[PDB]
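Figure: structure with Taxol.
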Amino acid sequence: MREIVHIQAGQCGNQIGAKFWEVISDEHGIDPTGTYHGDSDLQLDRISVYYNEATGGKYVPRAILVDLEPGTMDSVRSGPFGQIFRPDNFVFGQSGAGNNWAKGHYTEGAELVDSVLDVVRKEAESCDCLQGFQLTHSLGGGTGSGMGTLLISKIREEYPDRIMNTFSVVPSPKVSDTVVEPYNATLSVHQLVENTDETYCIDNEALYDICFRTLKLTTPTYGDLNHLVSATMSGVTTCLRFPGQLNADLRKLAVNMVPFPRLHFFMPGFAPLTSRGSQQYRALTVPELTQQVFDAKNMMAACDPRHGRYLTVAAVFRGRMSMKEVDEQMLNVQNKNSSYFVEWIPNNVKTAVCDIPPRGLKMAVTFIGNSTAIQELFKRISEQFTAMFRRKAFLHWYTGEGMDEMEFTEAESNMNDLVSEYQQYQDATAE
Amino acid sequence: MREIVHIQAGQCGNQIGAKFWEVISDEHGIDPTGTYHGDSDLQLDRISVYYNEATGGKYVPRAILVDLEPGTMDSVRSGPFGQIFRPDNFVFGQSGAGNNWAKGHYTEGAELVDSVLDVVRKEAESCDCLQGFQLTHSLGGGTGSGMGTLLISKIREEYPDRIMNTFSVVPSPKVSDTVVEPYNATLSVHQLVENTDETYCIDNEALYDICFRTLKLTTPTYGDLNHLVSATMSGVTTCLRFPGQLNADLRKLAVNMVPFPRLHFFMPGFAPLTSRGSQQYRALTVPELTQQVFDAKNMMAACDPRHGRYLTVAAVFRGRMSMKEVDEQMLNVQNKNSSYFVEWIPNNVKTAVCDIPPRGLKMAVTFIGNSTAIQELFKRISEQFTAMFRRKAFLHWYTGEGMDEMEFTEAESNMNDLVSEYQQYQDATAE
Amino acid sequence: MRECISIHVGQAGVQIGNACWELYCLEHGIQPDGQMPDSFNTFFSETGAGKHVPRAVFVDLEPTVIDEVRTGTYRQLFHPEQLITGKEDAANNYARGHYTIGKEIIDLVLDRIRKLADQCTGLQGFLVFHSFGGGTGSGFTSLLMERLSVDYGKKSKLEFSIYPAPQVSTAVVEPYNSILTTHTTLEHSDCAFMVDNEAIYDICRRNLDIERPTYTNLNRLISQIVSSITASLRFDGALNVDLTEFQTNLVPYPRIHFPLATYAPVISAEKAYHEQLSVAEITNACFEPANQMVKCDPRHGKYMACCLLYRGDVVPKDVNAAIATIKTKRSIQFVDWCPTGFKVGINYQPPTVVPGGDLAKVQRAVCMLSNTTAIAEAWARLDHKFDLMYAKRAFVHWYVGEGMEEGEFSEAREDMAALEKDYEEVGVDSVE
Amino acid sequence: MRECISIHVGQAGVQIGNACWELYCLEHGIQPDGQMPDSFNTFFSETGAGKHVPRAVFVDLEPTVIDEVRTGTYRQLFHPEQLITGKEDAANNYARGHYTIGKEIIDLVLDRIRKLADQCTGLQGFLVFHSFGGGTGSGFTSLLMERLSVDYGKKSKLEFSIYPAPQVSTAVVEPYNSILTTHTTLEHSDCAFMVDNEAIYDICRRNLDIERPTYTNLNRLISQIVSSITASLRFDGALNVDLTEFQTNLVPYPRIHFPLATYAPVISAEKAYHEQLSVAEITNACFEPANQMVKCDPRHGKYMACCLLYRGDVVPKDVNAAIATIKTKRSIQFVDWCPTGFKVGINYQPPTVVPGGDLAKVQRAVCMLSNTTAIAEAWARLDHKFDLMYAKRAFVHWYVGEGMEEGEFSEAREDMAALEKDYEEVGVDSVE
Amino acid sequence: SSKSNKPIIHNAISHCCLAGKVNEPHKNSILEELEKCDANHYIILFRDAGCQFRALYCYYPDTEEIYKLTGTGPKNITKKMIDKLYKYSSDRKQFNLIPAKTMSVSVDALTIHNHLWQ
Ligand SMILES: CC(=O)O[C@H]1C(=O)[C@@]2(C)[C@H]([C@H](OC(=O)c3ccccc3)[C@]3(O)C[C@H](OC(=O)[C@H](O)[C@@H](NC(=O)c4ccccc4)c4ccccc4)C(C)=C1C3(C)C)[C@]1(OC(C)=O)CO[C@@H]1C[C@@H]2O
Ligand SMILES: Nc1nc2c(ncn2[C@@H]2O[C@H](COP(=O)(O)OP(=O)(O)OP(=O)(O)O)[C@@H](O)[C@H]2O)c(=O)[nH]1
Ligand SMILES: Nc1nc2c(ncn2[C@@H]2O[C@H](COP(=O)(O)OP(=O)(O)OP(=O)(O)O)[C@@H](O)[C@H]2O)c(=O)[nH]1
Ligand SMILES: Nc1nc2c(ncn2[C@@H]2O[C@H](COP(=O)(O)OP(=O)(O)O)[C@@H](O)[C@H]2O)c(=O)[nH]1
Ligand SMILES: Nc1nc2c(ncn2[C@@H]2O[C@H](COP(=O)(O)OP(=O)(O)O)[C@@H](O)[C@H]2O)c(=O)[nH]1
Ligand SMILES: [Mg+2]
Ligand SMILES: [Mg+2]
């Protein structure tokens, strides 16, 4: 039934997932207990993609929650939608990663990786046909960049022909939250571009502005940012667990999207985003949902799509609609924006239509970008790496954990190899 | 009706049996008085395997309780399910074995053995067709190792065509409870490799971790460890006295499980083992009960089955289920673990299914192992025997009771003969 | 007595077949349950208790769209053995429908086909519905047409492709999947029919005045073509053409076997009035460049062999009228070496309208199938959509990693450039 | 006037016989009391009052499985002198069921058989239901076929063995038992029918769509085969075949007398529709390499002799239609020295379905008994499982200690070595 | 850049056929020679249908060269001497059945006839 395992790690991944399992349980009518109370059987025809049936009609999420300090795991266990999990899954250490890549990948990560994989191995056994692994982590924190990249390198030795999609949270350009997070991002891109088939890239700088401008909110708590992120996370797999006219999955959104095996960093986007009272001023039509999508003011990754060009584009729509409009609107926003799409990939917009709206809406669009627009996002972090490495400040908290000075010279040479390929295809033209 | 006689030697055997007859009597609806209060007559079609009917509808256990100090006997008689026994059976001396083997087998054991055997001779006369004798003793104490194997060598002179399954308790690797329990165990394996057809070896080291991790308990009393051993103890004879699709007695479990007349030290296993609250997060299916069994974290003998290889395997299921699933899961855990099973015994998984579950569940598995995985259990004791023999400490408590020094050299050469044969079949392969 | 079976590979074939097998049950009065309150023996093998079941095989690689049919209105009709699924679909990947996944269950398909030929004494031909887009529709069909030509050989084989549109595209590697599947199907298929999605949106908007159709309303039109090609087997008319008679009257060379289709009349209920719909009129509805179902200009090429399939209440004197006026007209240019370019069937059945439909009730109809030179531009297009996505080696590593030669693509296009030149070879006229 | 009795050794025979004798009491209207609201004198010796009691001896060494029969629904039917029990089961030990425990009550069995032959004027044959695994079914039976061949000699003696599966095993010393119980039944039986469990689990899952069957739902299938061999002694057929006729048409050499049964149709209640089930169809269900109830490949070996046992509303022209198509086919290879390879039986009874059952109600059915070469591969397996255990002398000491020679095994394998070479002796074709 | 099954065979020997610590000296006797052959495809020869490991091959497509690297058995096999086709499910860590009979890159293990062992 093409089951998906949902591994989480870090402080960011758990709080995303603690809203994400709140998000999925409304699409299937699951209470805080775990017993079904929905309406239609389409919630239960493909209920097994994210769940295991328990004795007595209960359901449990196929979720594996990993941390190194027990603070966040107690927080999810105390809140609502927290008792629904399996208590055998909450793997945690007693030390804390200490906002450190080396301590979460060499020192404390190498002692608590075994108790993780032995439950990952157990959750793979309950599956009939394993579709793949989705992982939710950071790239700036200590855990989600070190312990997260350990659970990919250990899994791809074990499940080499399975799709491995992380939904990382990229550090933001202007605001920060960590002094050494340029060091943590350079050490993870070495581990992500070789073992993950695709990686959705999310900023916070791009995510506050949508809460301010388009949503028209004044006080965005993280429970309202992750509330917005988890709409995209459900929107990708909703074509794998619902009937549609034209269908997609976690695999069709990997062959249609990644033209070269290194260039697989995606930038999401969602629409509609109304306000509390401004919902009654716009028309809820397929030509209206498209023009909200292809703006630069709705992309959740803080970069300009107008700088650089698209390579592939997926537009996973939802709700009931008409297939002529979708085949025309995607033509319409390719001809008027014919300098934004690349030349040597003709007709590059992968369409996917589900038949089921989100619970309460009428139609909605999940957008999956793939561009050269994220070439400066890696050019930015590689510049924040370069200044802090010439003075080699903050180095002794990494060197003292068994890490050599050559390893920073490798990944920065590796990241300039990534930037050189986006510049290679941005100017590559055919004759 | 294939009657079984239950002897209880030592302190530990009197405390397993004081819970064991509490365990049996709920499978037959028996009050503390001895009268019947159950519901289904299937409790009473084979009630005469363990019980002698008394006048007025009562039933007494066919049980014989042997000790030397009279302390534990009063504890059984004062406690509940104590008056159900026969007051003629409580045979005991007045000295106490004093945690000494030569005192309990030669000195004090040779003065109370005749008062025991005359009741053993009496209990056999009430039986129609005697199936065999089950014994319940330690391997570390003075009584259950000295008075116990005295009763075996007398009985096997008396009843040569009878199966004799002592359910021994083996000392633990890390924690101990007796300074000279390497001495009291090397002297008893000399008697047990020659006179008992099978011997279920049980540790305490692996038995706490099952109480700690799988059961999720904080303070496990002996009334919660012996509560777990007594579940296995009834489950071996759970199909000798109840109908089933495929049947097993104490004799079928002796022919299929014993490839060679010396290699007959077994190791148990049980499933399901839930928690108080985590009973509602796992599925109760026959493929789920199988994978719980074949872990190394559920074998009550403190040794890894992944060290060493299996020779034969029994699996005495209970409850109502489907015979296809069992015959596929026993095939399933043989192909993926074909390195663990030995090659020159093809399709070595004996199967048995009762029709009656334990009182309250739906299905359950009792497991019997037979492995080379206990080659280091004897290698551990024969090393602690050897190093305490070079300085020959604690010897005058044995020599002064009438024992020669050659007998220690004999039993040590006996046990290294046993370890050498487990090593022989572990590496012998056919072509 | 002349039995014909139908395989539906891919998602495109099944939802077309949902529109198809709904339509035959409406013609013959067959209930969805299988009951009915004698010539229809070609698709519906009956049972001792009267319950007719179709001759269908719905093969797929993902279980998604099959479960809609197992729970839909026509659950009771189909034989539940027939519905073959898998676990992971090929997922827009030719290299997974022909080397990895479809290989695993190719024996389950052919064995069930083997249990359908044996009830048929007069086995006529095949009807494989597929697309060119997806991996299942293009990779498993290229596997299945290989196996049946080895198994049977003599039998007629018909495809109903969903050709990829020139301007609308719902996939990214869609020109990779066609060149791989056309290289394979060229020597095993025998008369493949081309239907686009884009040109039906032109018809559904203009001629029908529906601004918002669906795949549902695009498959009611393709159901009317398939019902009318096989309208001469299932019924009795003044002049009945056969499925073996199409592959003679339409195939001038063993390579060129791509006729495109056209249905007429396609008018709404309001425009069902206000005009008269004569046989002298509906024939001229077919030869327009705006009424085709493949986005090509027929005035840029030459018709090699037309084939009109009239039905309903048509008088054959008017067919002498409506045809003889056409090859006197100037713009419709046939081929100079072919002085005779028609093959006509007149049947006694009007086309039946499905309830809850969009088309009008008419008393006459025509399903023109026409072979022409004008599809050479539609093959000159995908070769331009091939060399751009291959010069950069785009999307290759998803194909190499499933048992494929990376030098196979240069060979597969080489067996398209020859087919590119053959339409130009035929289209010129050798004098003397 | 032709009476045939049935013995039930072991746990496997009694639980099969529970499924047997329940099924006959439905074919004839017999109550569980023996009452009924007459050609069934073959199995039911009646009483002066209205009561029919069976001709069955339920012998066992443990009293466990017998107490179900003495307390179940058919308590009143049987005769309480028949139900011979013992004290201790043979306990997966051939050397206990033949030298030690079975020797004790072998006289009470033969005395009770003696009182059942005396009510029979025209005594026909013997039926033994026994496994090969357990000690009773393989060790007490090998004593019992020895005794009845001395007591009677001339009468036909049929077994219905349970062959041990190539992949599923519920015992450990099970290849020790099957070699010893084949050394003895080879010369004192007549026609041992082979039935496996593993092949029925495939039939219970694929052809029946039941994911979780039981020994109950397996024994409903072996009851139908037994009720099809002996349905010609119990009804008025157009072409009846006797138990004295199966010994002749199927046994070309006195060593080779091991056929393997096959039943058809085996379909669920919902797939009872959707297909027509004529005798040109259900015949091809039998010769599949996927419907045989022994896990062997019939495409590897050659059928020496088939024996089709039709029943129901079957017409012997269509039988000639069904059989003549078969030995024109290429994959089925009959043996070259044998030009005739069939034996047909038509009876006028549809198969009767037990309530609370799983097989659907059909109006025609077939058992197929056939002596193929392909079981030589199944005998090649038990010599390979023998030599991996005897070379290390595993499990020998439980057999030596009950009256056995340590060289008796190597003598008994030498019997199986000669029996292995006899199938390959026959499967070749001596020309000229 | 091509297709291989070396990370699958390395995964399969180390976890399903030679997983226990008994065969750990024997696992190193075979695994160290696998890093040296330049074959793209490999395939595992069992003995029975119970899939006990005894031999390892290397397979060359378009020539069907089935040369033997480690284990005991014949040097080369053909399509005549085959019984069953296995595939290593990385999901289950268990060799399943392929109902087909064509030896391709998705096929990971096989069984030969009983005639080749007597
Ligand atoms: C309302 C209800 O269904 O309660 C159950 C129950 O909640 C659970 C949690 C029980 C419970 O067991 C324990 O909590 C436990 C405590 C200490 C050591 C080991 C276990 C139960 O206490 C134990 C008890 O077991 C029995 O009744 C069996 O017959 C069992 N009996 C005893 O162990 C026993 C206990 C006290 C006095 C006398 C006998 C048995 C098992 C094998 C062989 C013979 C007997 C059961 C089903 C229950 C309770 C009451 C809560 C479980 O255990 C057993 C052995 O069944 C633990 O996981 C299982 C799953 C059960 O569902
Ligand atoms: N006319 C029509 N075209 C359809 C329909 N469904 C899909 N298509 C077309 O089919 C093509 C996509 O191929 P699919 O059939 O969906 O893919 P598939 O055969 O399932 O293959 P995979 O999903 O890759 O395994 C596109 O050109 C769609 O427009 C339909 O109902 N009608
Ligand atoms: N088909 C079928 N096989 C059965 C049944 N019961 C047992 N068997 C098979 O019989 C074999 C075991 O032999 P048993 O008959 O139980 O043993 P036994 O004859 O009683 O001999 P002992 O118990 O050793 O004295 C195994 O292969 C079982 O699968 C049944 O109801 N149906
Ligand atoms: N979107 C989002 N980002 C968060 C959340 N919590 C933390 N982050 C971001 O995660 C980063 C800090 O990493 P963190 O996961 O807490 O560290 P770790 O626990 O060592 O992995 C910062 O960039 C935070 O902005 C959250 O709930 N939502
Ligand atoms: N499982 C279990 N072990 C016990 C119990 N009581 C004592 N033991 C063990 O028995 C050993 C001591 O032997 P003991 O029987 O008291 O001495 P004896 O009376 O001279 O035979 C130690 O290993 C104890 O852990 C009990 O109730 N349960
Ligand atoms: Mg598909
Ligand atoms: Mg028995």
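Every chain is numbered from 1 and lettered A, B, ... according to where its sequence line falls, protein lines coming before strand lines. Header entry for method reads electron microscopy, 3.7 Å. Atoms within a ligand are numbered from 1 in the order they appear, just like the ligands themselves. What's counted below: heavy atoms across the whole structure, side chains too, no hydrogens, waters or symmetry copies.
- The ligands or chains that make up Taxol in this structure: ligand 1.
- Of the chains in this structure, the chief binding partner of Taxol is, as UniProt puts it, Tubulin beta chain.
- Those other chains that come under 4.0 Å from Taxol, heavy atoms only, are B.
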